[PDB]
Undergrad: 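Structure with peramivir, see below.
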Protein chains: 4
Amino acid sequence: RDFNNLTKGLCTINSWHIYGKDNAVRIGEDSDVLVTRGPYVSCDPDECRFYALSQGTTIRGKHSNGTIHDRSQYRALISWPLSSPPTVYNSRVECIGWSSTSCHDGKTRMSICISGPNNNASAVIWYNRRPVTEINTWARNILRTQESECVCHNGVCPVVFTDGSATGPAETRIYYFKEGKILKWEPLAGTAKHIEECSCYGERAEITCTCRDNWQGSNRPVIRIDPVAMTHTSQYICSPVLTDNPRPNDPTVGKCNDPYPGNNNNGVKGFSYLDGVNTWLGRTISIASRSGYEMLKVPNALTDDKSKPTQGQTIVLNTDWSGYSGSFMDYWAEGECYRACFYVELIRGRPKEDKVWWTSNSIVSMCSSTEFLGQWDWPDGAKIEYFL
Amino acid sequence: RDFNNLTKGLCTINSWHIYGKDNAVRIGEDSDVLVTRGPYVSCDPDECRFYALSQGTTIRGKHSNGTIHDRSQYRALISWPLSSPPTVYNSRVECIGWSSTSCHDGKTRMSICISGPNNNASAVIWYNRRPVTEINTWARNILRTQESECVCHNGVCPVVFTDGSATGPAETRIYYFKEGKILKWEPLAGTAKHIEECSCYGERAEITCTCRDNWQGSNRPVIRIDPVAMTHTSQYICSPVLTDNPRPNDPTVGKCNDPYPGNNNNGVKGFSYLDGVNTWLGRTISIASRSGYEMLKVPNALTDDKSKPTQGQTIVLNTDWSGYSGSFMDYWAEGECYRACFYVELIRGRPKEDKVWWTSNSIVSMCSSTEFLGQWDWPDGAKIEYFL
Amino acid sequence: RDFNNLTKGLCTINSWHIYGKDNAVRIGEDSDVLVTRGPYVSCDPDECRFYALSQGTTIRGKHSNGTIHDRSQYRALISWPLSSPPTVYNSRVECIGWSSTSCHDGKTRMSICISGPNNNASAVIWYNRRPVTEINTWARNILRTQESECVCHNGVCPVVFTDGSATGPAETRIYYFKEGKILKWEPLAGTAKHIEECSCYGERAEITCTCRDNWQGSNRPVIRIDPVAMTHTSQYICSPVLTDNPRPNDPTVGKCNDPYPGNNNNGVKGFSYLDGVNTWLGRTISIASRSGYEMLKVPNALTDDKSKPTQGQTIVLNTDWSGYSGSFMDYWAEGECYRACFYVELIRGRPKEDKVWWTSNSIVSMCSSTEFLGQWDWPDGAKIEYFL
Amino acid sequence: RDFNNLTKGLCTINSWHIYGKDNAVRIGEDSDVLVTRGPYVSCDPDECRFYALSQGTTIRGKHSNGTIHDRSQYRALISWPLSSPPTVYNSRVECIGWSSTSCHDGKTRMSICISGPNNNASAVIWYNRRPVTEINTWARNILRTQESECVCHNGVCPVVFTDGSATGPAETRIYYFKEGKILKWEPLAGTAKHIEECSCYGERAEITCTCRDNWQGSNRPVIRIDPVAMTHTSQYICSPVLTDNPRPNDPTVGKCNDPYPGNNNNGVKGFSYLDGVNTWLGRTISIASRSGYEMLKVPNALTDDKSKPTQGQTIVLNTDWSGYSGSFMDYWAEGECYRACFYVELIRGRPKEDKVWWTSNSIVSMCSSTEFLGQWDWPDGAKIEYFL
Ligand SMILES: *[C@@H]1O[C@H](CO)[C@@H](O[C@@H]2O[C@H](CO)[C@@H](O[C@@H]3O[C@H](CO[C@H]4O[C@H](CO)[C@@H](O)[C@H](O)[C@@H]4O)[C@@H](O)[C@H](O[C@H]4O[C@H](CO)[C@@H](O)[C@H](O)[C@@H]4O[C@H]4O[C@H](CO)[C@@H](O)[C@H](O)[C@@H]4O[C@H]4O[C@H](CO)[C@@H](O)[C@H](O)[C@@H]4O)[C@@H]3O)[C@H](O)[C@H]2NC(C)=O)[C@H](O)[C@H]1NC(C)=O
Ligand SMILES: *[C@@H]1O[C@H](CO)[C@@H](O[C@@H]2O[C@H](CO)[C@@H](O[C@@H]3O[C@H](CO[C@H]4O[C@H](CO)[C@@H](O)[C@H](O)[C@@H]4O)[C@@H](O)[C@H](O[C@H]4O[C@H](CO)[C@@H](O)[C@H](O)[C@@H]4O[C@H]4O[C@H](CO)[C@@H](O)[C@H](O)[C@@H]4O[C@H]4O[C@H](CO)[C@@H](O)[C@H](O)[C@@H]4O)[C@@H]3O)[C@H](O)[C@H]2NC(C)=O)[C@H](O)[C@H]1NC(C)=O
Ligand SMILES: *[C@@H]1O[C@H](CO)[C@@H](O[C@@H]2O[C@H](CO)[C@@H](O[C@@H]3O[C@H](CO[C@H]4O[C@H](CO)[C@@H](O)[C@H](O)[C@@H]4O)[C@@H](O)[C@H](O[C@H]4O[C@H](CO)[C@@H](O)[C@H](O)[C@@H]4O[C@H]4O[C@H](CO)[C@@H](O)[C@H](O)[C@@H]4O[C@H]4O[C@H](CO)[C@@H](O)[C@H](O)[C@@H]4O)[C@@H]3O)[C@H](O)[C@H]2NC(C)=O)[C@H](O)[C@H]1NC(C)=O
Ligand SMILES: *[C@@H]1O[C@H](CO)[C@@H](O[C@@H]2O[C@H](CO)[C@@H](O[C@@H]3O[C@H](CO[C@H]4O[C@H](CO)[C@@H](O)[C@H](O)[C@@H]4O)[C@@H](O)[C@H](O[C@H]4O[C@H](CO)[C@@H](O)[C@H](O)[C@@H]4O[C@H]4O[C@H](CO)[C@@H](O)[C@H](O)[C@@H]4O[C@H]4O[C@H](CO)[C@@H](O)[C@H](O)[C@@H]4O)[C@@H]3O)[C@H](O)[C@H]2NC(C)=O)[C@H](O)[C@H]1NC(C)=O
Ligand SMILES: *[C@@H]1O[C@H](CO)[C@@H](O[C@@H]2O[C@H](CO)[C@@H](O)[C@H](O)[C@H]2NC(C)=O)[C@H](O)[C@H]1NC(C)=O
Ligand SMILES: *[C@@H]1O[C@H](CO)[C@@H](O[C@@H]2O[C@H](CO)[C@@H](O)[C@H](O)[C@H]2NC(C)=O)[C@H](O)[C@H]1NC(C)=O
Ligand SMILES: CCC(CC)[C@H](NC(C)=O)[C@@H]1[C@H](O)[C@@H](C(=O)O)C[C@H]1NC(=N)N
Ligand SMILES: CCC(CC)[C@H](NC(C)=O)[C@@H]1[C@H](O)[C@@H](C(=O)O)C[C@H]1NC(=N)N
Ligand SMILES: CCC(CC)[C@H](NC(C)=O)[C@@H]1[C@H](O)[C@@H](C(=O)O)C[C@H]1NC(=N)N
Ligand SMILES: CCC(CC)[C@H](NC(C)=O)[C@@H]1[C@H](O)[C@@H](C(=O)O)C[C@H]1NC(=N)N
Ligand SMILES: [Ca+2]
Ligand SMILES: [Ca+2]
Ligand SMILES: [Ca+2]
Ligand SMILES: [Ca+2]
Ligand SMILES: [Ca+2]
């Protein structure tokens, strides 16, 4: 195998088709399904799999009580076959920790898991399923990373990390790994003022990451990385179609180089595909909670501060719970272009559904089509009442 | 691997021997077995597997309530090892949707799943376990397909779809795929007046499909496809041995080019092997409900409108529930001929057994023998009373 | 791969060491373990596995009620990893039926399963996991076979079948298969008067089978097969150490060419290794029930009608339940000789333990050592009281 | 594949990073997890796995009652994927017995399991998953071995066994195996007065084992083996930092060639890495019970009888239960040095938590880092109250 190179551009996105859905919470009501959160999808050259942060207990287990908590010693990055649920018996542990990223470089996979107390966390970088490099916290305040796949080009796999306050200036770093080793790292540059949980994809030797400004911005920060030069830039999506959550109502003009104000100290992981007129943004339908999910075609959203939608697709109705969302692509597919894909985490339980004592999720994921396909909505589908 | 070619003829069918049986409902009374319906069997060059449409819940799970419903967002085409039950832990998701077909072309497998609301469904064609082509609804009324395996010849795998009313004229199309891409498609031609759920097999470079006329006919429509010319014909099985269900009592003369009347707007997926004197038809024993199942040798059934049985084999007694049935063959077996095989879906639960709130099934499947073997009957075997 | 040839002799048996044990009934009290009976062990060139006739239900399942019954449509030959229990999720179905045999010829495996009603059963011979040949009942009275592995030599795998009364003269046949096809078959010859459930092994191009005379004999019938000439002989173990069950007390002189009398119309599958002074016989300790199990070294047992034990090893105490037993060897091991192995079925439930409504078993298996090792006893280990 | 040779030295240990954790007891509260004890970790050239002695029952099963007992016929050495829990469905049985060791030589794996009554136990040595050699008890008093991985060099895999009293002089032997066969064996020599459960690792063609003096010493005995010469030496860790348990408080001068007194007839399996200034010792935090676990850097601990700690890392708090601990390394990793690793058994249930009737454990394991990483504590995490 040779390292994969990002030689293709994105396929034209005219609509989104169903790719995978695990129905985990439904199935887990009567089977040994692990409690998770922070899911994602990532492909190897011969298979694509679902990934997530386990909570080290089944949903029906008594240890499901208290799983709203984010960082415990019982969490691990697990992967499992596409569209099956994350069960005790089919889940493969990639590494131990409560924050992660993972990507295949064409030869083998790199997985990164961070663990530890808030003031003393460390990342362990695994490559070819063995630990290779370790990075200690630099700001002693919840060292943390993407929560979705990283992207590689000719062996170089950039990864975005943040350490420091989630509600003020923090220390974000872009690490350039190759075979699990650090080639270089750089501090964040550009006009993004705060970075969290970047969702990335690659095309034509450029990696684009759409992140979460948890401090002040309801528009999303964007980091664009050149994996050959090992350099990057940052800005915000200019469009007035705001895609974080919670967020204020959409204005008619956005902000390119500063956080769009109105909501502080909160957000949700999200993503976008920024490709000139072939630009599609995801977002929750609700401006107040993680409810609903839609894709909007917003030509030149990255650079046009008045850009509005020209087409759309509802993924999850506003009467259904959503959650994190992120990008991934099958870089080893046939054809002349890379097909954009995304997943949506469907969060169930606390804090929105507090009759149960747990927090978990299921996954739904779609990929683009060049056809203009009919739309459906894809809820988690479980009935909370059954778990009482 | 090279694409498989249909170079052999059918083996002589003198009787049927047991091939596989999963006992899913029995086992599922106390194990994590998924609720399914619309099962089938399909072989790869190195393995044969069971397939079905999951309902995204176990049978003992509380989400089993309401599984009589046909089309939900929680369904998926799953496959699992021959004769094991479809469990949460061994079921491999092929694609997401509530109508499907799947077949191996000798190099890799094509799987097709349709999803969406009734007026806006779409098919996604997967090839080598990746999405390749998408087809939007053309008649905005439950785009749908075979519910059993497709057949390939030199890479070309024809698939029959229907979109439109299930109880009147509809728009049936024959698509010719190769490597998941559309080479051609044609509207139904010939004298079949309505087509549903075709069951197909191939021999000597011809593909024969036996379908369900849900509108007016109790005789079954037959589509014969030339996968090299990418052309087809259609008619009805001429024989007076009527094989749909429900159906009127058998007459002494059938109809070759029109629906045999007596029962409207209902039917059941079924199949036949039409090979001159080596012709065998399957059918439910009951004319009123999906009860019992038998194979009848009816020489020249396709073309002889007075043809009657010369031999038979009971598969499922009339005091046991049956359901859908369809054809498949192991195209990669040794020997000089293709051995005809079929499965029968054994439906349990609603609507016939309404003391439980679910609907599921188990599978029984047989293949032909050149011997004249003794017969047994093969019920699902589960006791409904145990699930109360 | 080339077909395996029986070029080695047996290793010297000085004692028996533990080889595998699945503890199925213990584990199955709280996990999805299938109800079985008629277990055995068989090796492939790269793995050795446990085999058995499933009853198509878990032990805790409500369908476990009535599993004392021998022949139902819900049975199948299943195999699973050595020493794991036969679970719903790890059991691989080899074929459907209620009587079986299976063996690897060095290239691939042949498995045979018989199914059907008592007066119309048929065997299906599978080879390379595909059905190849079928054999209809010849005496219309429970066509049936070994219940333990068959043995191959240069592709030829002889199999012993019986059809007819279990309590009087019956029609026993020796079939010689190669690649799942019938090369030849012969009626039983020699002085054995009734044959059931033969346990076989091979060494130096000769296959020796120790069987169960269910009609009149408490000594065991022996069939010796030449797989090159495709011919055989039969007699009884001459020794006065009687090894069927139930049986009369041991005399001082046995019978070589006729059934040793005292007990009619009953027996148990068993085995022996007959190799001059290196001869070891297995038997239940009790003369009245399937309780206890011991190995006795009885030099020249086959040909010496006064032969008595010179050494022994207790396998299962007389206060613990035993059951069927049979031979197998790893023909693909390293070294200069074939190591004799055997399994003992540990039957639990009915009819001896009738507080539960099921019948199942676990497995214990040993192989010979050239050392004189200390002995232990190996009970099933489950507490019946827990299942109440 | 060629046999692995110990050509590298240990990497510099500046801290320990999380490697694996299965959370077995937490998950097992509501899933089919086997009861175990005596766990360890061992790598093959392409995978690293968790190992342990099963008790042949699930934790929630009724057969969990009485699992404080050490030696039953229902135990087996099982292995399972790194960081998953030992479940009924994913656990692979390596051999049957209640004491074990296992190691890969670069070509295939050797596993050794001992079974039998106290006065008549025997070891069976498996190689390439087949039984090859057997060793009968030599002192008729619980023949027993390491309970953690063995180490190989150019095919030679030394293994330490003990037979005789656990509370007085016993007969310890060092066996040198190659391809499962005995090349040589030697009686213990040197100044160690009693040896139990050695934890070993290899570097630069030398194998170092840290053991448990169950008779008189609270300092640990050390055996150093030359696998080429097939010779060894023994002594005690000279340091006053005492690492057995229970144990007296630390003195200021230890003992190099005799047991450090104060506590008799008890101990716990443990380990160390003895590499000049790069020396790290593990131990329970409590001097009285198996509670807590810490790593201490004690330069020249092996040879300096006044050596004290210069650095440390807490692994398990003193308010959490610990248990056995042992060494392993991935000998097939990339790079120029071998990364030291260890596991800690987290024992739950009896005798410390007697509200439940079982005894089981979970696993936590770490490997060294050349960075100075922040520390966290890693408890088992299960709530006993949930199992009541
Ligand atoms: C069969 O399936 C097909 C294919 O899916 C179906 O066809 C699809 O139908 C969709 C629904 O109508 C349609 O999606 C919409 O597309 C609009 C763009 O098209 C229109 O404008 C362009 C440009 O002028 C024209 O060329 C075009 O012809 C159309 O006229 C989007 O604008 C739509 O999104 C907006 O509306 C929805 C509500 O429906 C919001 O949820 C969404 O966020 C957008 O509106 C908010 O945002 C904008 C931008 O700032 C604001 O201006 C606006 O006021 C809204 O703001 C409020 O709401 C947001 C969200 O809560 C909040 O943040 C904010 O603060 C405010 O409170 C929508 O995307 C598909 O394009 C169409 N596809 C095709 C191929 O045709 C077909 O219907 C199906 N058939 C049947 C029979 O069912
Ligand atoms: C051991 O096993 C062996 C092997 O299996 C057993 O032998 C098998 O025995 C079977 C049962 O007898 C037998 O199957 C029958 O074969 C008949 C054909 O053979 C006869 O006719 C030919 C032609 O003349 C002769 O050459 C031959 O020698 C025989 O005489 C079929 O005709 C049979 O099917 C009909 O009967 C059954 C009821 O038994 C129906 O279920 C079936 O649908 C057929 O009848 C309906 O349909 C016809 C056609 O239209 C009508 O004319 C008729 O009135 C019936 O219609 C009503 O019912 C249907 C169904 O509900 C409904 O739709 C309709 O409207 C009406 O209400 C049957 O297939 C096997 O061939 C034979 N095999 C061999 C190799 O011998 C042996 O018995 C076993 N031994 C023991 C001891 O058990
Ligand atoms: C550590 O482990 C080692 C290794 O396992 C242990 O050593 C083993 O000890 C075993 C038990 O003593 C021993 O097994 C016995 O071997 C006898 C043969 O040896 C003796 O005879 C020879 C020949 O003369 C001498 O060379 C030799 O030195 C000995 O003296 C067998 O004869 C024994 O079997 C008979 O006894 C047992 C009861 O213990 C029966 O269950 C068994 O069926 C045999 O007896 C029945 O059958 C014979 C034959 O027909 C009859 O003559 C007799 O009356 C019995 O018949 C009744 O019972 C049967 C069964 O229910 C019934 O069908 C019938 O109708 C009648 O009712 C036994 O096999 C091992 O060989 C020995 N191994 C070694 C290597 O030393 C050591 O003890 C262990 N240490 C500790 C401390 O525990
Ligand atoms: C972020 O994470 C980083 C990295 O982990 C954290 O930094 C780590 O902090 C650790 C805790 O302070 C520290 O570990 C200690 O290291 C000591 C060695 O360093 C000191 O001495 C050297 C040599 O002079 C100096 O160079 C150095 O600068 C330091 O001054 C060890 O000595 C420590 O172990 C002893 O203490 C602990 C209690 O904390 C005991 O559990 C342990 O067993 C040791 O003490 C017992 O044993 C000794 C030896 O015999 C006795 O002398 C002593 O009296 C104790 O004996 C009693 O207790 C034992 C155990 O129960 C019993 O058997 C006996 O009988 C007696 O009853 C300890 O290992 C790390 O090295 C340090 N790492 C780095 C890289 O800095 C940082 O804090 C974290 N940050 C935050 C904000 O949390
Ligand atoms: C990705 O690009 C690099 C070139 O920059 C390719 O690397 C060369 O691969 C060939 C085949 O192994 C070698 O002969 C060269 O030495 C490689 N290295 C470089 C840096 O030139 C790589 O093959 C490309 N990947 C694919 C899948 O084509
Ligand atoms: C078992 O014996 C037969 C010989 O009787 C061996 O068969 C020969 O195998 C070689 C290698 O494939 C061929 O060249 C010959 O044509 C084979 N056939 C015969 C009948 O001669 C077979 O190889 C032996 N098996 C092993 C494992 O050695
Ligand atoms: C405190 C910083 C947060 C991100 C801005 C926080 N990340 C971590 C590593 O704890 C996330 C946030 O609290 C949760 C959410 O917003 O859903 C998930 C939670 N993420 C994870 N548990 N992995
Ligand atoms: C409305 C058209 C019907 C076929 C003629 C219908 N097909 C679909 C895709 O819904 C089937 C029919 O209603 C059910 C049955 O007859 O058993 C199954 C049902 N099929 C599926 N749920 N896959
Ligand atoms: C009626 C003939 C019997 C053998 C002599 C009978 N065999 C079959 C195929 O039914 C066996 C016997 O009744 C049972 C036993 O003895 O344990 C098992 C039972 N064997 C199986 N169920 N496979
Ligand atoms: C009697 C000798 C003991 C070791 C010094 C004893 N070993 C065996 C083989 O029984 C261990 C000891 O009793 C237990 C413990 O200390 O935790 C485990 C127990 N070990 C195992 N059950 N494998
Ligand atoms: Ca924000
Ligand atoms: Ca359960
Ligand atoms: Ca009809
Ligand atoms: Ca008898
Ligand atoms: Ca001690």
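Each chain gets a letter, A, B and so on, in the order the sequences are listed, and its residues count up from 1. Note that ligands are numbered from 1 as they come in the structure, with each ligand's atoms numbered from 1 the same way. Just so you know, these numbers use all the heavy atoms, side chains as well, and skip hydrogens, waters and symmetry mates.
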Undergrad: Which of the ligands or chains here are copies of peramivir?
TA: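 Short answer: ligands 7, 8, 9 and 10.
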Undergrad: Counting heavy-atom pairs within 4.5 Å, which chain has the most contacts with peramivir (ligand 10), and what does the PDB entry call it?
TA: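 The chief chain, as the PDB entry names it, is neuraminidase.
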Undergrad: Which other chains are heavy-atom neighbours of peramivir (ligand 10) at a cut-off of 4.0 Å?
TA: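 Chains with a heavy atom that close: D.
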Undergrad: Which nucleotides or residues of neighbouring chains are within 4.0 Å of peramivir (ligand 10) (non-hydrogen atoms)?
TA: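 By heavy-atom distance, those would be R37(D), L53(D), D70(D), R71(D), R75(D), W98(D), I142(D), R144(D), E147(D), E196(D), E197(D), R212(D), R290(D), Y324(D).
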Undergrad: Using protein heavy atoms only, decide if any is under 4.0 Å from atom 3 (C) of peramivir (ligand 10).
TA: no
Undergrad: If you measure every N or O of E196(D) against every N or O of peramivir (ligand 10), does any of those distances drop under 3.5 Å?
TA: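 No, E196(D) has no N/O under 3.5 Å of an N/O on peramivir (ligand 10).
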Undergrad: Among protein heavy atoms, which sits nearest to atom 8 (C) of peramivir (ligand 10), and what does the distance come to when rounded to 0.1 Å?
TA: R71(D) NH1, 4.0 Å
Undergrad: Taking only heavy atoms of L53(D) into account, list the atoms of peramivir (ligand 10) that are under 4.0 Å away from them.
TA: 23 (N)
Undergrad: Could you tell me which atoms of peramivir (ligand 10), counted from 1 in the order shown, lie closer than 4.0 angstrom to a heavy atom of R290(D)?
TA: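 Counting from 1, the qualifying ligand atoms are 15 (C), 16 (O), 17 (O).
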Undergrad: Got a protein heavy atom sitting under 4.0 Å from atom 6 (C) of peramivir (ligand 10)?
TA: no
Undergrad: Give the atom numbers and elements of peramivir (ligand 10) that come within less than 4.0 Å of a heavy atom of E197(D).
TA: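 Counting atoms of peramivir (ligand 10) from 1, those under 4.0 Å from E197(D) are 4 (C), 11 (C).
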Undergrad: Can you report which non-hydrogen protein atom sits closest to atom 13 (O) of peramivir (ligand 10), along with the distance?
TA: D70(D) OD2, 3.0 Å
Undergrad: Tell me: protein heavy atom nearest atom 23 (N) of peramivir (ligand 10), and distance?
TA: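 Nearest neighbour among protein heavy atoms for atom 23 (N) of peramivir (ligand 10), to 0.1 Å: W98(D) O, 2.9 Å.
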Undergrad: Write out the residue and atom name of the closest protein heavy atom to atom 11 (C) of peramivir (ligand 10), then the distance separating them to 0.1 Å.
TA: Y324(D) OH, 3.7 Å
Undergrad: Check this for me - peramivir (ligand 10), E147(D), N or O atoms closer than 3.5 angstrom, yes or no?
TA: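 N/O-N/O distance under 3.5 Å: yes.
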Undergrad: N/O to N/O below 3.5 Å, does that happen between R144(D) and peramivir (ligand 10)?
TA: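 No; every N/O pair is 3.5 Å or more apart.
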Undergrad: Enumerate residues in chain D that UniProt marks as binding substrate and that sit less than 4.0 Å from peramivir (ligand 10) by heavy atoms.
TA: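 The UniProt substrate-binding residues passing the heavy-atom test: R37(D), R71(D), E196(D), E197(D), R212(D), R290(D).
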